[PDB]
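Contents of the following structure include zibotentan.
Just so it is clear: chains get the letters A, B, ... in the order the sequence lines come, proteins before strands, and each one is counted from 1. What's counted below: heavy atoms across the whole structure, side chains too, no hydrogens, waters or symmetry copies. As the structure lists them, so they are numbered: ligands from 1, and atoms in each ligand from 1.
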Amino acid sequence: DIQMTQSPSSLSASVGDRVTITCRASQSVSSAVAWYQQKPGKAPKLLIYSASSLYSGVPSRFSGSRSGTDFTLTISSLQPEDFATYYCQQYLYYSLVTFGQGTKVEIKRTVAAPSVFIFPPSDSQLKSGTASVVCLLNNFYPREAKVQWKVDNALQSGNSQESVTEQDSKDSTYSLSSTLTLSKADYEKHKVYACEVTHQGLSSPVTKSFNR
Amino acid sequence: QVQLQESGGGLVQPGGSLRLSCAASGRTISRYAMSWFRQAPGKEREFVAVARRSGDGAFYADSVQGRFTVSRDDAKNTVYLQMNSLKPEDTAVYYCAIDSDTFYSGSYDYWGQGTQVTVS
Amino acid sequence: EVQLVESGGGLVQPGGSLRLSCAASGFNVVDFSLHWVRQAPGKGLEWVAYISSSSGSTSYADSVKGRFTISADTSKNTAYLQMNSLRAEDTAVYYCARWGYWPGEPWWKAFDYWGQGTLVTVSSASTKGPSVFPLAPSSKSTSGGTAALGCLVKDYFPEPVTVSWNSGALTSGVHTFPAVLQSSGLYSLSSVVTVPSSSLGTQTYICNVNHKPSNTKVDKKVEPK
Amino acid sequence: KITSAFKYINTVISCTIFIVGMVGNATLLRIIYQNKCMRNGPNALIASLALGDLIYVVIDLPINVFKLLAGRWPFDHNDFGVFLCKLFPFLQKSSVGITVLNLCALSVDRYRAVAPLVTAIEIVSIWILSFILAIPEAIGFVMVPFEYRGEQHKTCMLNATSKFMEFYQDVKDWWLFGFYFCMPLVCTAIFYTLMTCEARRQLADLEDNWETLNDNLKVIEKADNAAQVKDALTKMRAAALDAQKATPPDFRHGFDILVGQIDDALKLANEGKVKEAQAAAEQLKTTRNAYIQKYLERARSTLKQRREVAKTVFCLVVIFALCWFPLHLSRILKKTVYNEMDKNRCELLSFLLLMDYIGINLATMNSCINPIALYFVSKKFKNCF
Ligand SMILES: COc1nc(C)cnc1NS(=O)(=O)c1cccnc1-c1ccc(-c2nnco2)cc1
């Protein structure tokens, strides 16, 4: 009941930039909205209440506004401390409390191209009984990328896990690791295992393969 | 199946500017993004700029950052590259592509016919 | 000096019982109402339950009704939450928040003070150490360019694991990914180093892993094939 | 014929308009400065208009009658008598300024109420600006010679003496048009549109909140289960919290108690008992009928009063705009389409002068008519008569 929708989902902006987040409500909560800020591994803190009001201690750059059933939170100066997650809330009554999905602000830079590697299984894993191959994507921006595994030129849509790293501080890049695991028999039944990468920077998708 | 070529180029002199656009029809740009490239002689196509859907942002490579600019208009289906401060190494055949996904993934299948912007 | 602390977190089996606590300092429970808020790992926020001691009123969310009970103690100045019949979805981080009463500004102030949080894990399998394997790059893989090696660890059940390279000598140039749920419990992890240098003398590059809860220490060598 | 009757009627209108203006302005001034109930915001500005009217109607019409029935300016035997032909145009162009800027202020302030020191500052600034802007017309007129009755006698007329006066006479007509009949006629209309829109919005919001409360009461009275009472009470709480903001810091206590009873009913409905929720919502009617109806009535009456004052505030400006236009309409024809070879020759050449005389007469009669309407249209003044 009384759902709340947060329109933006990931914003890339640099220092000295203007950012605006929108929030929409289904019913007609009068002025009962609040804006929260959360940094990783910490509890949220309050920024704006009653759709326009500043809590004590918060920076004065933060501002909020209301128009009908649409609420807007604006930041004019993006200091380094202002890179975290932001949440929307309505508090019309105690048992009717809902939160928005969440909007994350991240650093902006130029586009790089993913360097790719592929590592074959070692002797120990196959001696144990399980085989696993890994393909690695390094130092790419923005975040979106696609890794496709092909076994003997046949697509496989199972037994693959993807792990992504948070934005580093040296150059604001990401790393990605995709791992495919199988049985002993399946590792010798087929011959060729390949992984291919598609990203918004590279024109044609890159490929690396190995046969054994 | 989408015919799309950029209008502009021809010639330029140092300290100049141009404006190119492979505005296309038969396919609403409102649901995709427009990406641009540069085919230097003897080199594979290199990324230059990309413009996402409306209100999402535009990204540029380090070679042309701070010099170019990409803006898109959904009603006219027109995407432009206002380029300035051209250099002798800028001489290369520009193309343009439209992605095939709404998750901003990697797919560049529909390639333009090819447009020429030479220098000197 | 308004302050809140929670407790009682830990690891429980499917279909179990657990009890938390919320201590309040610097104010009285007879003037404020208490709420619990959940945060699933890598997800958003969710509301759970509400207690007011003055009116003795309680409210519960839809997904947790019939399995949770909430109470308070004014003499000890504490709030209590009890869960029964837990599932695998219940694993999250729990927060304790305070809210004022209607007449005036305290109602408009909304949630203004929060606890630090308490972690609950619903687990099935017991603890065991990890299996460590190498990942070496072939000579053709290098091809003059930088070649990355790696250490793979699998089948472990702590929450935290630590991986180090050459006892801190190789500080810059490594990435450790977040752990993943693997399959049928347990966790998997990989750590990878780009290591531009190709010198065989320094090619030792041992990976050392620590499993504190199970008291395990493993060291492996990524021989360059 | 034309000229003799024109002179007679001009003398008659001057003689009547003199005493008409003095009576009207003196009456309005006395009421404003004595009636304790009369004094308010717009009344100071209206008294200012009356006094500016009086300071022009006291002396300027008798000398016009003197010129009508003598043909010669008085006090020609002395030397000071020249500056009268400077004071005669000095006052007139001042007075119109007072009537113009004020009719902007009445439009500026009346909207602000819908949306003391300030009035005194505005009045002083308006008077100073109007007086300052009327010095060129004083510096323009100067004595000129001619031969009549065997002596070099004088008629007051504008002569090109100093380049400032030349630059004045090039564009005085168009500057007068662009200032004294252009800016107010647009600013007042813009402010009127703004005021009307704001009033309509406020009425709509108030009516919507009250209707929401009443219909939700009726829905709960006929409810059958928990969901209906839950939704209706949520809507009630939202409407009450939205409506409480209109209260100016009595009524706030009533809104607080209404929200409290709504909260109690919501808690009872949450417990799962519909009948107890209906019993709790029963008491809301008494608080409604004892706290909300009165403030609704007060707000409606106050907004009615604001409309009532705006009525006369803009009837004045419409009368002024009707009165001043024909003179400029007749002048502009003799300046753009002047009787060079265009039409009718002897007819148009004198027709333009005839309507110019009529325009002068009507512009002077505006300096008396305004009190009449204030009493007749406002009605409030009648009560004070
Ligand atoms: C374009 O015209 C005007 N525009 C405006 C804005 C105001 N007044 C205008 N015309 S007006 O002629 O000033 C006038 C208008 C109304 C009543 N009386 C007079 C008048 C009559 C005679 C003399 C005079 N001085 N010496 C000998 O006679 C001076 C003034």
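Here the macromolecule bound to zibotentan (ligand 1) with the most contacts is known in UniProt as Endothelin-1 receptor. Every other chain with a heavy atom under 4.0 Å from zibotentan (ligand 1) is listed here: D. With heavy atoms counted under 4.0 Å from zibotentan (ligand 1), the transmembrane segments of chain D in UniProt's N-terminal numbering that qualify are 2, 3, 4, 5, 6, 7. By chain and number, the binding site of zibotentan (ligand 1) (heavy atoms under 4.0 Å) reads D/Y56, D/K67, D/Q92, D/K93, D/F141, D/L176, D/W324, D/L327, D/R331, D/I360, D/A363, D/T364.
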